[PDB]
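First up is the structure itself, then whatever we jot down about it.
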Amino acid sequence: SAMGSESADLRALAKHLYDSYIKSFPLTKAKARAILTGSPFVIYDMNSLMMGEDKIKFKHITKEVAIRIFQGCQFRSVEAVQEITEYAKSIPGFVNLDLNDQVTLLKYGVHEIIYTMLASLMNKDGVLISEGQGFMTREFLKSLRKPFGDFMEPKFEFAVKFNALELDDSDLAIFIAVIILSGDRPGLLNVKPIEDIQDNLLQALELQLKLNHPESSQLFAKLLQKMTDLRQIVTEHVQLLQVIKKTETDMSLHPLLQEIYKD
Amino acid sequence: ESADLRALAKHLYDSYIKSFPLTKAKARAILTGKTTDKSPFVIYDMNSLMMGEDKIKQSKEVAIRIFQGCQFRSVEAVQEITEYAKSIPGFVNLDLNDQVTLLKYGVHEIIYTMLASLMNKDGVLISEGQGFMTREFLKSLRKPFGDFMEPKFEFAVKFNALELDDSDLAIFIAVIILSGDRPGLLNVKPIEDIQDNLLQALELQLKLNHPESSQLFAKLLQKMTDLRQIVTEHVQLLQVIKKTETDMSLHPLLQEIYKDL
Ligand SMILES: COc1ccc(Oc2cc(N(C)CCOc3ccc(C[C@@H]4SC(=O)NC4=O)cc3)ncn2)cc1
Ligand SMILES: COc1ccc(Oc2cc(N(C)CCOc3ccc(C[C@@H]4SC(=O)NC4=O)cc3)ncn2)cc1
């Protein structure tokens, strides 16, 4: 109605999402970048990985090093799913969707969000682990045997390009909401209300980027192009997950643990 | 802190609806005839059990076949309960060995709690509500399966008299999972801290949802005596079954759960 009210409503939505993102994700990009730019224990080879087991208490140990790193990543992704699920509840409209559509949106959205937020913890030379208490080098991850040596490298390649956009946590809170509210996920029952919510989130993202990054020509479009790129990264990751359970022998052992990590 | 506890209650109820397709509300609707679906098929003897083959969507002997049908239900329930447990705030952040231990020693307490939702004094819903198997038929089975469901029916009658609904049960089942006394837990204190918060939320939920029900919180917590007794008696029955039966193929999930330590 009144002049400026549309801008104000979009800024209020942006602020709400940022405040919720702070409540849901303790290690924000701001906190991560401070750590990366200078202290965490550095894991830079297999010997320092064994020494790192002492300095930090990792929760996933019950094998060969490449397998154990992978299972440590899977433990952390399960924790991330619970944080992202909590965040999703604060996106206006989400909890009023059909319950099956909520589950579907999270099922098919969490991996894109995981790799988006992992970029916040990465620089060109490695990644923060254990809530910022450790740092594992990119070179060490690349040195793992096939097929684990190329598990993290496409994530680093994405992150260096993505981080060059210099998004902050207020930008990312809205970007992550836009990814969750994707009306093209397989099996959704009511697509229209999801696209309606996403329309409002896209309006909020566009205004946030125009105000926060006025010098960054067409940043909104560039960020949508990245959303397209994350789809590719996730499809590649799922391919490797199918390699690790066929090619890499270790299958029907510990059925309860298999259950926690089914999907 | 009251708002946090209500938010926790709401979160657990939502996760419970997402994890368990056959809720108590849906089961009660079926048992009382509310639904717009054909009434469940009633199995009350051998002949009707046989017809249940064709009315409802390996072992040829009756007792074993009933027993194996219970085992496959538990396998399904374990999958649903594990999905629910991961939603309990703090659970997936525990040491992974302790996550496994909590599921190993908690799933059957939850299975029998939720079995009561599908029971009345005369029988129990089976196959997603498609069938109803009578308590008297289950009592008739040959030894060692004589009265093997009777402790479950006795518990359910008393438990259902508490009048809990799904929103109450969601918090109760979380309290069960987060039990710091399970054998072999490595880090008891983080589990007790979560259970403390769940108990606070359960107390508030019961006072708000059942304001007229005196000491319902205490009476619900006392039902763990009944539940642990059911589990110990069932483990003992399994030991008898090992002696009285020939080859007993067991699902890998149940063999892990029943593996001693
Ligand atoms: C000393 O004990 C230790 C043992 C191991 C160890 O390695 C690590 C590495 C690590 N990261 C590299 C940081 C997290 O990266 C991730 C990579 C991939 C995913 C996607 C997961 S994976 C899958 O299959 N499906 C998924 O969705 C998620 C996160 N995080 C934690 N531990 C360190 C210490
Ligand atoms: C039409 O063909 C049919 C074939 C079989 C048939 O019998 C039944 C009976 C039944 N209940 C009696 C209802 C479920 O009670 C249960 C009792 C015990 C358990 C625990 C299992 S047992 C074990 O040792 N460890 C376990 O964790 C689980 C559930 N549920 C499903 N099928 C009916 C029809």
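Note on naming: letters A, B, ... go to the chains in the order of the sequence lines (proteins, then strands), and numbering restarts at 1 for each one. When reading the values below, keep in mind they use all heavy atoms of this one structure, side chains included, and skip hydrogens, waters and symmetry mates. As the structure lists them, so they are numbered: ligands from 1, and atoms in each ligand from 1. We read in the header that X-ray crystallography, 1.7 Å was used to get this structure.
Structurally, the main neighbour of ligand 1 is the chain that the PDB entry identifies as Peroxisome proliferator-activated receptor gamma. Among lobeglitazone, pelitinib, pacritinib, lumacaftor, vanoxerine, the compound found at ligand 1 is lobeglitazone. The heavy-atom neighbours of lobeglitazone (ligand 1) at a 4.0 Å cut-off, by chain: A. With a non-hydrogen cut-off of 4.0 Å, the residues around lobeglitazone (ligand 1) amount to A/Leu49, A/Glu53, A/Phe58, A/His60, A/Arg68, A/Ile69, A/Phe70, A/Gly72, A/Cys73, A/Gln74, A/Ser77, A/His111, A/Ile114, A/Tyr115, A/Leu118, A/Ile129, A/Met136, A/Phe151, A/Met152, A/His237, A/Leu241.
Atom 34 (C) of lobeglitazone (ligand 1) has its closest protein heavy atom at A/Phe58 CE2, 3.3 Å. Atom 23 (C) of lobeglitazone (ligand 1) has its closest protein heavy atom at A/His237 NE2, 3.4 Å. Nearest to atom 31 (C) of lobeglitazone (ligand 1) among the protein's heavy atoms is A/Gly72 O, 3.8 Å. Among the atoms of A/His111, some N or O lies under 3.5 angstrom from an N or O of lobeglitazone (ligand 1). Most of what chain A uses to contact lobeglitazone (ligand 1) comes from UniProt domain NR LBD. Near A/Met136, meaning under 4.0 Å from any of its heavy atoms, are these atoms of lobeglitazone (ligand 1): 6 (C), 7 (O), 33 (C).
Looking at atom 1 (C) of lobeglitazone (ligand 1), its nearest protein heavy atom turns out to be A/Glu53 OE2, 3.0 Å.
As stated in the entry, the source of chain A is Homo sapiens. At the top of the distance list for atom 17 (C) of lobeglitazone (ligand 1), counting protein heavy atoms only, stands A/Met152 SD, 3.3 Å.
Protein heavy atom closest to atom 4 (C) of lobeglitazone (ligand 1), with residue, atom name and distance, is A/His60 NE2, 3.2 Å.
Close approach of lobeglitazone (ligand 1) to A/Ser77 is summarised as follows: ligand atoms under 4.0 Å from at least one heavy atom of the residue are 19 (C), 20 (C), 21 (C), 26 (C), 27 (O), 28 (C), 29 (C). Under 4.0 Å from lobeglitazone (ligand 1), there are no other ligands or ions.
Per-residue contacts place A/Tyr115 under 4.0 angstrom from the following atoms of lobeglitazone (ligand 1) (heavy atoms of the residue considered): 20 (C). Scanning the protein heavy atoms around atom 30 (N) of lobeglitazone (ligand 1), the nearest turns out to be A/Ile129 CG2, 3.7 Å. UniProt's rosiglitazone-binding annotation for chain A and the heavy-atom shell under 4.0 Å around lobeglitazone (ligand 1) share A/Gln74, A/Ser77, A/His111, A/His237. Nearest non-hydrogen protein atom to atom 12 (C) of lobeglitazone (ligand 1) is A/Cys73 SG, 3.5 Å.
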